[PDB]
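Among the contents of this structure: abciximab.
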Amino acid sequence: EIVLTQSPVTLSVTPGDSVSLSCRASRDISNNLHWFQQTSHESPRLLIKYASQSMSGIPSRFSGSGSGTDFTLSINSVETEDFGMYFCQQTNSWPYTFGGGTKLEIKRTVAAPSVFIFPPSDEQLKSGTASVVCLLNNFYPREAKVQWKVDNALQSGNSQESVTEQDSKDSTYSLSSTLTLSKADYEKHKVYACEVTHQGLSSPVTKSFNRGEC
Amino acid sequence: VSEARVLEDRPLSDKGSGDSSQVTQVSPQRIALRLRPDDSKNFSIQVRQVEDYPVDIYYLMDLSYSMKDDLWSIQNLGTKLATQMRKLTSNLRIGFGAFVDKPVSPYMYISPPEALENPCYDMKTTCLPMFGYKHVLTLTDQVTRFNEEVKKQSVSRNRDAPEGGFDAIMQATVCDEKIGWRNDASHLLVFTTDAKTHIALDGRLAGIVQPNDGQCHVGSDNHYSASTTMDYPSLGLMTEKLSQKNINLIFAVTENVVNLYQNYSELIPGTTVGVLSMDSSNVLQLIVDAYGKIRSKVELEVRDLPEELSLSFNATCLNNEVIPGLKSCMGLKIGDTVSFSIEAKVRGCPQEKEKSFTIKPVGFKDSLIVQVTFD
Amino acid sequence: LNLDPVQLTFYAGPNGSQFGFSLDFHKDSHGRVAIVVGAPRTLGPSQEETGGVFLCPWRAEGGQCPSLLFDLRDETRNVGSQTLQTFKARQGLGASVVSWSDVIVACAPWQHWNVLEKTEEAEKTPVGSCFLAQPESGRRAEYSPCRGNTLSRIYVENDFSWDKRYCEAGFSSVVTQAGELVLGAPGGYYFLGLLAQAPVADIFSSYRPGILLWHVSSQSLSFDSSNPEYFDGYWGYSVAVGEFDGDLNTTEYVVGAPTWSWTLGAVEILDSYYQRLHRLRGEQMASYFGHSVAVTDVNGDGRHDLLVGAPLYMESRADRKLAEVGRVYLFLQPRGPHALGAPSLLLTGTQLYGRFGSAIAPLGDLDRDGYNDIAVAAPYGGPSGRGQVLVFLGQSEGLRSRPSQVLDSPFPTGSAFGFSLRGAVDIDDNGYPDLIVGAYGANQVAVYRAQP
Amino acid sequence: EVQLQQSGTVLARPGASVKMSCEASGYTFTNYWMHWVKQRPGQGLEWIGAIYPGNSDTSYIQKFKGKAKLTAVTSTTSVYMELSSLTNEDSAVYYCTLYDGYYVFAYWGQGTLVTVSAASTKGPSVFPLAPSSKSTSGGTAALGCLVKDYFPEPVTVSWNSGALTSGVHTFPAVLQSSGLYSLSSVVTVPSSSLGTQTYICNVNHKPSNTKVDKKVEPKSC
Ligand SMILES: [Ca+2]
Ligand SMILES: [Ca+2]
Ligand SMILES: [Ca+2]
Ligand SMILES: [Ca+2]
Ligand SMILES: [Ca+2]
Ligand SMILES: [Ca+2]
Ligand SMILES: [Mg+2]
């Protein structure tokens, strides 16, 4: 098959800036390279067909370019409606393939994760399972690495890290990582620190938050 | 003595617009040439390419599968072509024709049974059954008909890269009443393609050995009837028919075959080569540039010259460019009147005491008919 | 020079059969020379055009010949999960015929072949086929070197590499003196063209009737190429065999690729391993340089020379800008490693669209003066456009630039008189080699006999 | 106007089978190939294969040969895709897509979501997050509800019957190893409101007809 390699895999651009998304085919697919947009409110939407032909009803900021094996999708001034996933697709040879995809982020200024720690409630403590929630609220970029420190020891496994979608007004993320363990493993130890290690944090970088189990 | 008496000398016209068939682009239009045995007499011809001369632009489009993107760019061509060709002429007629290739194996996909009504069956899409040449739109001045007809055009798909484009050129040239070529008009045959072309003796790979006779075979169905039974034309036959019908062929070809079609246009007089984009998006400016480039050159051609008679030309191009041995004048513009000092020499005194040949520029019906009498 | 255009022996075939499209000489075990004539449009058993071969015994009166019988039934075989099927409809049997010692090789270039395994298939396409026949013994064989069981999607994956589906093997054919059947397949490797060579004895021994897809052990095929100069070159449109490398223990193939390098045209000399020894390039675009190739010793120096036909060559005239008259290029082989450079002589046509160079027949020593001669056909030449065959005698310095004799078509217009030619053999056994001309449009074969 | 209408979300189990449809309207049905594309959540789009409703001929991607099966019913102009021997890698959104006269896939179905969790429909056990009163001399107050071990998606969490529309961060559900989803929904609130007004999360699970309103309050206040 014809492999379409998109670069970059993700891309942060300020609303109003200019973008250039790239696609590189394994072989010559002349102009049989199309560009789809998918911000998950509908099915993938075809923006540019045959590598330079804008579809009807597509904003004039989307531009296509390229031929042979190297193709480009340029957006002049990315609006808030342009931030999503962009797939190049070849209809040169069957099977028809897509590119890996390229996410468009909003790229605001770096923010500090408002870290929090929640102890398992008595309602959950009645059941034979306890989950401690570490909440990183309104931070940017998303590339944080939260580690759980039980008795000052790394805790591999038993983590979820459910990150929210980039916010609307102030385009920050939000993360919540939970440590799932039984009541035995819960009352066995007494230290439940949550290491954050985000770039938006000054010194000390590792903002290990604690709750003081009492 | 041997003399060259001028019989019909109408003065060259200034504008090709208005009442046509009175627009004289060659002067004189008739000459009586008395030549004693083995003598030589010189005469002169003026060839002006007038302005606002009517144009016929037959758009002959490759409709193979690689041209499905190009139909998106041609969909409003004809209105844009009428707007851009409005400064170059006051009477524009445009037509549309389509070719893919001879609908026969091994050019045509012949299996599965579903790949005959849908050659794009293995591409998992749907195209038209393979055709060799279909006439779509007779040359008309109602330029919105071009848009209406190209919006309902679809591509087909064949197996090999060379197309049946020269078959389509032959049919668009010789079916002049079916295509709609006006007599007093410039005949731009815009041949768009993105692939090599099939030539004579290539049809033998399909079992087709009968040579192209150069006759019209487009019927009422508007399809080339002899596509599967008659070979492709050669450059000789196609060039002869382009010269007989006064058609300026335009190769609007993509960069991958630009050199091939330039090497072809070197062998075909009256032809220019423009670089087509991979989606035919620059075809309007290509047609305009190739019309300005075709009319930037006056090339003479001699029709039915007797064997005993020889000709020598001294092209009097731009004011001081008397270029001996040349029957051409490049670097012109619409309105420039060039001259050619022609000299007819006899080789003996043939049996026929009166013959006749014509000297005309390439691409124009206007000609100098030299009635040569051997006394 | 001494071919008699008055006493003509006319062999005729069925009407519309294209009798005379290809023709060779067949020497029986008793030595009585017969004429093998191919008729690619002969009606088969179901009134379908399947082609045919007619073994015409030499009689000075001519007339109708007995057909040489081949199996014309579309075969179908289930070998595993695959249905193998051959299609003889319009296969063009007799589009090329070549006769070895006692074998008549009759080729059907446009024979189609498909492989059905599932909802998928191998794309029924003209792989070609050659039917081998020992007419005196009755033994029949077949050789389709381009049949395969690879499916379409596999070729789409490989980017159509080694795609022998459109070969049309037997489009051109030649049997080396050792007995190897070299097949031109101008559609092979996705219309790049290939050669298929296998010994005739190994084709007869490896052929099992009923088996459709087999492999001759000694079979040797050409190589695919990614060089875009070879794309659509139709390599194998014409083939010949000669001695072009000095070593007289090996056979050199002379392959014409008339659309090689963007319809420029080429003729490549190779060895038995398809390594290109030399390549002669076309002089003009779209002239079909390499449409016909002949290997003769026209200047009596023992070294085989190469005649290349370019029947669509356009010369310069006055009433016609470029006049498609055709041209034949003579390449004399010099004493040297390759040394084959510019054409030592240019034979050009005189009739517009005459197609001079469509056939080039080595006539042998026609007038028995020590130098081999050449017959070039203009199938639409002569002042009437009915067809000419021009005899060019060899000399000490190549050929004669002027034809020593012109053989005008004894048939009406459209007969394509000269499309097939064959000389160098003495049918009537009077010591002088004769010329057999084939007009497939007239469905007839004219036999010109050389006078003393 | 070519419109492609697919079936709705369909929960399934591993090793079982799922059949999804695509009602095609706006073009001659049997003429054109119907193409199916798979997109795993958060990943790229992967072509499955095409179906020719004329002769019901189908061609798949080697990755999907045997897994996906395409059938067409030209009477109702519907194409059916049947995934066999389901795994967790089959939980994706499957689109039927069609090309236009320009041979670009401009027409897509809205997508059929497939879920292969193999977990019975369970109700959510919402748990308060107990905003620590110790975290007062600092930032603002963060309180939430831990909605754990429910199935299937989604769970509609609304705070105080929609009164809290700001600072609400309902995180996407996380598929646990037990096969059930556990989402969280935190709310940032001014620390001065800890004790003044009580906040209640309205956990509403549409399947199982579960509507539970849990009260959040600090611990050791
Ligand atoms: Ca194109
Ligand atoms: Ca083709
Ligand atoms: Ca040798
Ligand atoms: Ca020699
Ligand atoms: Ca001789
Ligand atoms: Ca004899
Ligand atoms: Mg093409």
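Chain letters run alphabetically, one per sequence line, in listed order. Numbers in chain A track the PDB entry; the residues on display, in order, are 1-214. Chain B residue numbers are taken from the PDB entry; in order, the displayed residues are 58-432. Here chain C follows the PDB entry, giving residues 1-452 in order. Chain D is numbered as in the PDB entry; shown residues: 1-221, in order. Heavy-atom basis, side chains included; hydrogens, waters and symmetry copies ignored.
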Which ligands, or which chains, stand for abciximab? chains A and D
Mind checking something for me? Which chain has more close contacts with abciximab than the rest, going by UniProt? Integrin beta-3
Which other chains get a heavy atom nearer than 4.5 Å to abciximab? B, C
Please list, by number, the residues of chain B that come within 4.5 Å of abciximab (heavy atoms). B:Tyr122, B:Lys125, B:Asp126, B:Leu128, B:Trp129, B:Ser130, B:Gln132, B:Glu171, B:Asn175, B:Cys177, B:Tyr178, B:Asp179, B:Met180, B:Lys181, B:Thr182, B:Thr183, B:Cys184, B:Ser211, B:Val212, B:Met335, B:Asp336
Write out, by chain and number, the residues of abciximab that lie within 4.5 Å of chain B (heavy atoms). A:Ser30, A:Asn31, A:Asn32, A:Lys49, A:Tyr50, A:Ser52, A:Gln53, A:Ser54, A:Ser67, A:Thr91, A:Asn92, A:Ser93, A:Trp94, A:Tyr96, D:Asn31, D:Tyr32, D:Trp33, D:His35, D:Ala50, D:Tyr52, D:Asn55, D:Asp57, D:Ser59, D:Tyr99, D:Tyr102, D:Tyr103
Can you peek at the PDB entry and tell me the name of chain C? Integrin alpha-IIb
Per UniProt domain annotation, where in chain B do most residues contacting abciximab sit? vwfa
Which residues that UniProt lists as binding Ca(2+) in chain B have a heavy atom under 4.5 Å from abciximab? B:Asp126, B:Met335
Got a list of the donor-acceptor pairs under 3.5 angstrom between chain B and chain D (abciximab)?
| from | atom 1 | to | atom 2 | distance (Å) |
| --- | --- | --- | --- | --- |
| B:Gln132 | OE1 | D:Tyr102 | OH | 3.1 |
| B:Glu171 | OE1 | D:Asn55 | ND2 | 3.4 |
| B:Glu171 | OE2 | D:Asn55 | ND2 | 3.3 |
| B:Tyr178 | OH | D:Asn55 | ND2 | 3.1 |
| B:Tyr178 | OH | D:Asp57 | OD2 | 2.2 |
| B:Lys181 | O | D:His35 | NE2 | 2.7 |
| B:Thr183 | N | D:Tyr99 | OH | 3.4 |
| B:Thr183 | O | D:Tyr103 | OH | 2.6 |
| B:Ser211 | OG | D:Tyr103 | OH | 3.1 |

